[PDB]
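Snapshot of imipenem (bound form) at Beta-lactamase.
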Amino acid sequence: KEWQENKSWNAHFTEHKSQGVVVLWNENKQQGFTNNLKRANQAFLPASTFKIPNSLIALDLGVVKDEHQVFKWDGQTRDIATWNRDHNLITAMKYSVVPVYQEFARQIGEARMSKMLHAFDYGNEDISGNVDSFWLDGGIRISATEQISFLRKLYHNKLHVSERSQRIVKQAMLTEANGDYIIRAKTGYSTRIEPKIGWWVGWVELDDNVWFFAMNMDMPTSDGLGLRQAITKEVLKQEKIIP
Amino acid sequence: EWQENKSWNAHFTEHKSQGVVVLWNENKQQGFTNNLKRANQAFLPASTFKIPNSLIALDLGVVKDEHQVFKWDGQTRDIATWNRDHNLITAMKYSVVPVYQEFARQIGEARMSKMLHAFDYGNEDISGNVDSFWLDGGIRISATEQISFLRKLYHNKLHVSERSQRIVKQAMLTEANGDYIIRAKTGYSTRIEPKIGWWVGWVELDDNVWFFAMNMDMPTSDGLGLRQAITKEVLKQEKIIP
Ligand SMILES: *C(=O)[C@H]([C@@H](C)O)[C@H]1C[C@@H](SCC/N=C/N)C(C(=O)O)=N1
Ligand SMILES: *C(=O)[C@H]([C@@H](C)O)[C@H]1C[C@@H](SCC/N=C\N)C(C(=O)O)=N1
């Protein structure tokens with residue numbers, strides 16, 4: 001009853017002819033739920049979900065002064081139009097602006113990046129590859145359950161970076177809020193290395209509880225990117241976490 | 001700097017209401033209102049006072065953080081959401097007066113008076129004890145003075161810790177999606193005429209911030225939804241939100 005398998009959630013994947021895992025962690029009850037215990041512990045490239053620890057490290061080291069500091073567009077036109085403009089940390093997270101985060105990684109450098117991921121206990125802690133692309137096509141690997149462990153430390157300000165760094169990244173993770181819930185989260189789509197997968201990791205703040213979540217799914221084409229959030233919400237709805 | 005647009009009066013008249021909306025375009029440093037006179041008239045702050053109260057409680061360590069639980073005193077009050085344990089996030093969301101009265105008592109009148117003066121928040125001539133003055137009319141503030149105060153909080157320029165300001169801005173979170181974030185606080189004042197509703201806060205866009213402060217006559221609790229509805233009709237008219 002610590003970690004419970006609910007195979008009924010597979011219907012939310014099979015409805016879309018898809019396969020994946022959703023992991024939930026009920027913070028008040030200290031109980032975890034997943035449709036697939038094995039896939040819940042399978043490690044993948046973090047892709048854009050790495051923007052969480054990258055943001056934290058950049059802030060703690062003063063590579064990023066605050067969430068208002070402007071990162072000037074380098075004038076190279078890329079396939080994603082929202083990237084071809086100046087950004088701050090809020091918009092860089094919202095639009096997953098890779099080039100901004102690659103520049104952070106170069107200024108952090110390999111020695112500080114490696115040490116800080118070890119201090120974070122982050123996935124396999126392995127930065128092997130390019131200092132500015134290892135989370136896209138390098139050695140780093142993290143499971144859904146390891147995303148939850150990391151996110152629980154961030155939520156509680158327990159990572160070995162400044163409280164201020166943690167509050168700024170949690171602000172930048174803000175995705176959705178209304179009168180029922182707040183979602184702080186980060187999407188990712190890993191396409192450089194097989195298998196192509198989509199992530200959504202974060203948490204749902206309720207009045208008197210927090211539900212952490214980490215989901216990934218097979219994403220052979222960009223068609224189904226909306227399924228990351230739609231399937232997670234169908235699970236949260238089934239479990240009565242959100243109306 | 002401050003422009004009167006009487007066309008926004010229609011957003012009030014359509015609902016047989018009277019009030020003021022003030023907008024502040026942060027990038028352009030320009031303000032807009034339907035009524036310059038009312039924009040500068042001071043009203044009881046009611047629950048909008050929970051912003052400075054929260055800041056002072058955090059800065060002094062009366063509130064440790066936004067997770068600290070304030071236990072229900074077991075007395076049933078007529079707002080059901082009050083009758084339960086709260087933290088700073090839910091105390092703000094549900095405007096839990098008794099929690100804020102206890103903060104005020106621990107802050108004490110000397111520290112409360114000094115901190116409100118440093119904030120430039122409301123009239124300097126405050127009558128009433130520390131747990132009642134903001135409820136009973138010892139303090140008043142205008143829509144334009146709400147904007148000035150909110151702009152200082154947004155920029156972490158108030159004379160409290162940066163941390164205190166970030167925690168209150170987190171607690172002000174009201175609505176967010178892919179188009180905008182609203183950080184704001186509702187108020188409803190019924191102790192002294194005119195009974196009024198407030199909504200003060202801001203709209204964070206990708207590339208700008210629009211500060212807002214609205215109050216309106218609220219003769220019954222039936223109209224409380226109009227505080228947000230009228231503000232959003234104005235934000236929609238000005239193309240600030242879709
Ligand atoms: C992060 O995981 C991604 C980065 C590494 O490219 C971004 C890219 C988008 S998918 C939209 C790209 N269009 C494809 N045709 C993304 C996401 O939606 O999660 N994260
Ligand atoms: C803030 O403006 C408060 C919320 C609930 O609207 C409001 C509560 C009252 S005291 C309790 C009144 N009793 C029944 N509702 C209050 C005030 O007096 O300033 N503000």
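Order of the sequence lines sets the chain letters (A, B, ...), proteins ahead of strands, with each chain counted from 1. As the structure lists them, so they are numbered: ligands from 1, and atoms in each ligand from 1. Per the header: X-ray crystallography, 1.8 Å. Computed from heavy atoms alone, side chains included, the values below leave out hydrogens, waters and symmetry copies.
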* Around imipenem (bound form, ligand 2), which other chains have a heavy atom under 4.0 Å away? -> B
* For imipenem (bound form, ligand 2), which residues in other chains have any heavy atom nearer than 4.0 Å? -> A46(B), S47(B), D78(B), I79(B), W82(B), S95(B), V97(B), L135(B), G187(B), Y188(B), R191(B)
* Asked: To which protein heavy atom is atom 10 (S) of imipenem (bound form, ligand 2) closest, and what is the distance rounded to 0.1 Å?
  -> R191(B) NH2, 3.6 Å
* Examine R227(B) against imipenem (bound form, ligand 2) and note whether any of their N/O atoms are separated by less than 3.5 Å. => no
* Around imipenem (bound form, ligand 2), list the other ligands or ions under 4.0 Å away. => none
* **Geometric N/O contact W82(B) with imipenem (bound form, ligand 2), under 3.5 angstrom** => no
* What is the listed source organism of chain B in the PDB? -> Klebsiella pneumoniae
* Asked: Where is the covalent link for imipenem (bound form, ligand 2) placed, by residue name, number and atom?
  -> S47(B) OG
* Pull out every atom of imipenem (bound form, ligand 2) sitting under 4.0 Å from any heavy atom of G187(B), numbered as shown with elements. => 2 (O)
